[PDB]
Undergrad: 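Our group is looking at a structure that contains morphine; some questions.
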Amino acid sequence: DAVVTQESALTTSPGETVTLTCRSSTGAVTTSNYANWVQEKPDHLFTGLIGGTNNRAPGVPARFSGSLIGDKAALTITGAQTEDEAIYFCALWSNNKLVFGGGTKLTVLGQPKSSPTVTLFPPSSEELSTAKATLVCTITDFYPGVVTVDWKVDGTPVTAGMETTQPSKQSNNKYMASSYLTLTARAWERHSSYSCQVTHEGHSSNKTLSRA
Amino acid sequence: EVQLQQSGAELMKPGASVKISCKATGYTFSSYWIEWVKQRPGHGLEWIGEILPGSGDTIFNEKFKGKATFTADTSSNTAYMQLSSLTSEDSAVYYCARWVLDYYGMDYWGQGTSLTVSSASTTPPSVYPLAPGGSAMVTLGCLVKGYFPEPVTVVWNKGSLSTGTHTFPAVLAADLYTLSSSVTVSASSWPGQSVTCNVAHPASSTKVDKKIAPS
Ligand SMILES: CN1CC[C@]23c4c5ccc(O)c4O[C@H]2[C@@H](O)C=C[C@H]3[C@H]1C5
């Protein structure tokens, strides 16, 4: 029951060469493991790319190639295309079992990086009436599509009752997402300043408001 | 034109049994092994097993020997995988994929089948208006909270407001879904004019129109 390891994430720009690896905990990957590389694009659309270490599937672009690098299997993508952004999984046949790697999320920068626009909404009077309070933090127009959100009440971090969505593409190709902080109305009344901070590419955009 | 088409999404209750199909076209179905794969968030990809339609021979990931059963029909060129005694751990997207011997790998994949094993009941959402804290633009929104199952639809001014709209993906909050939608309009159009979000939740057959009024 070998364990297959892959880089969790890599970022490249159009036209560049990027190399992904696939390692086995059992030992060096050999042609006997029939290394496979499959590609998953948005909306879980899978398609095979490489089989038997270096065989390229039908219709697959020539810029994709498989090989072995040292004791690991590798996938090389030359002249990367924006369309090559996806999650790449490798699979090895060992111990009569096909074992998949955890997949590498490949980001291909197909547009300028963009900091997010943050908007913070206070709880509606109608909701407070049910003894509930939900603050909504909308995050739009960011790229790449990866952000971390932190909430603070009067300067102190809060995570209870906090949920954040996965990012999704907007019509303009940038990304959006939202975060929620839900408390009881009574708890919402025990704090004054609420803050939603979104960190993207090492830069934090903050938005706050006061209950009263 | 090789293609593998799988059955649609499934919503099952714990203890039930589901049969997922995989229809092949564009090639000789009996001559190629068909792999079955499980994709569960936080669990990457697991190999369930495979079957060769021509011989009926199978190979299982021992971990799935008492959970899955493989069948195939060379008459209808369809492969099936049945999962028994369903539990929450069985919730995921299942794929069938063609293995080609001389290629030593999987080339074509089915689109995947989403299996949701739950005992939760249909629950309508609560809709609340989202107004600014009372710029050239102004963003308004609507909170659609506590519904099940997905999805819900949100339009603004009965569709009259389409540009500047952002309806976000839903997220789970204590076993129920929460979604929000926002619309950005010229600061001169609101409160000047009216902005209403129209929320619909087909499953519970609920519809709510909530006007966004200055706080
Ligand atoms: C993934 N799965 C595909 C089908 C099969 C197989 C493999 C490699 C080379 C083969 O020639 C071959 O044929 C069958 C079977 O005999 C033994 C293992 C299985 C496994 C790997």
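Every chain is numbered from 1 and lettered A, B, ... according to where its sequence line falls, protein lines coming before strand lines. Computed over heavy atoms, backbone and side chain alike; hydrogens, waters and symmetry mates excluded. Counting starts at 1 for both ligands and their atoms, in listed order. When the header is checked for method, it gives X-ray crystallography, 2.0 Å.
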Undergrad: Of all chains near morphine (ligand 1), which one has the greatest contact count, and what is it called in the PDB entry?
TA: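 The main partner is Fab 9B1, Heavy chain.
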Undergrad: Judged by heavy atoms, which other chains are less than 4.0 Å from morphine (ligand 1)?
TA: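 Chains with a heavy atom that close: A, B.
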Undergrad: Considering only heavy atoms of B/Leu101, which atoms of morphine (ligand 1) have at least one such atom less than 4.0 Å away?
TA: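 Answer, ordered by atom number: 10 (C), 11 (O), 12 (C), 13 (O).
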Undergrad: Looking only at protein heavy atoms, identify the closest one to atom 18 (C) of morphine (ligand 1) and say how far it is in Å.
TA: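 Among all protein heavy atoms, the one nearest atom 18 (C) of morphine (ligand 1) is A/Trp93 CZ2, 3.6 Å.
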Undergrad: May I ask you to list the atoms of morphine (ligand 1) that are less than 4.0 angstrom from any heavy atom of A/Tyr34?
TA: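 The atoms of morphine (ligand 1) under 4.0 Å from a heavy atom of A/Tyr34 are 8 (C).
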Undergrad: For chain A, what name does the entry give?
TA: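 The deposit names it Fab 9B1, Light chain.
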Undergrad: How about atom 16 (O) of morphine (ligand 1): does it have a protein heavy atom within less than 4.0 Å?
TA: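 No, no protein heavy atom sits under 4.0 Å from atom 16 (O) of morphine (ligand 1).
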Undergrad: Out of all atoms in morphine (ligand 1), which are within 4.0 Å of some heavy atom of B/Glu50? Include the element for each.
TA: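 In order of numbering, the contacting atoms are 1 (C), 2 (N), 3 (C), 4 (C), 19 (C), 20 (C).
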Undergrad: For atom 7 (C) of morphine (ligand 1), what's the nearest protein heavy atom and its distance?
TA: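 Nearest protein contact, heavy atoms only, for atom 7 (C) of morphine (ligand 1) is B/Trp99 CZ2, 4.3 Å.
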Undergrad: When you measure from the heavy atoms of B/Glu35 to every atom of morphine (ligand 1), does any distance fall below 4.0 Å?
TA: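 Contact check B/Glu35 vs morphine (ligand 1): positive.
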Undergrad: Could you identify the single nearest non-hydrogen protein atom to atom 14 (C) of morphine (ligand 1) and state the distance to 0.1 Å?
TA: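 Atom 14 (C) of morphine (ligand 1) sits closest to the protein heavy atom B/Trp33 NE1, 3.7 Å.
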Undergrad: With a non-hydrogen cut-off of 4.0 Å, what is the binding site of morphine (ligand 1)?
TA: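 Within 4.0 Å (heavy atoms), the residues are A/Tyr34, A/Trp93, B/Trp33, B/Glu35, B/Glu50, B/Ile59, B/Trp99, B/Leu101.
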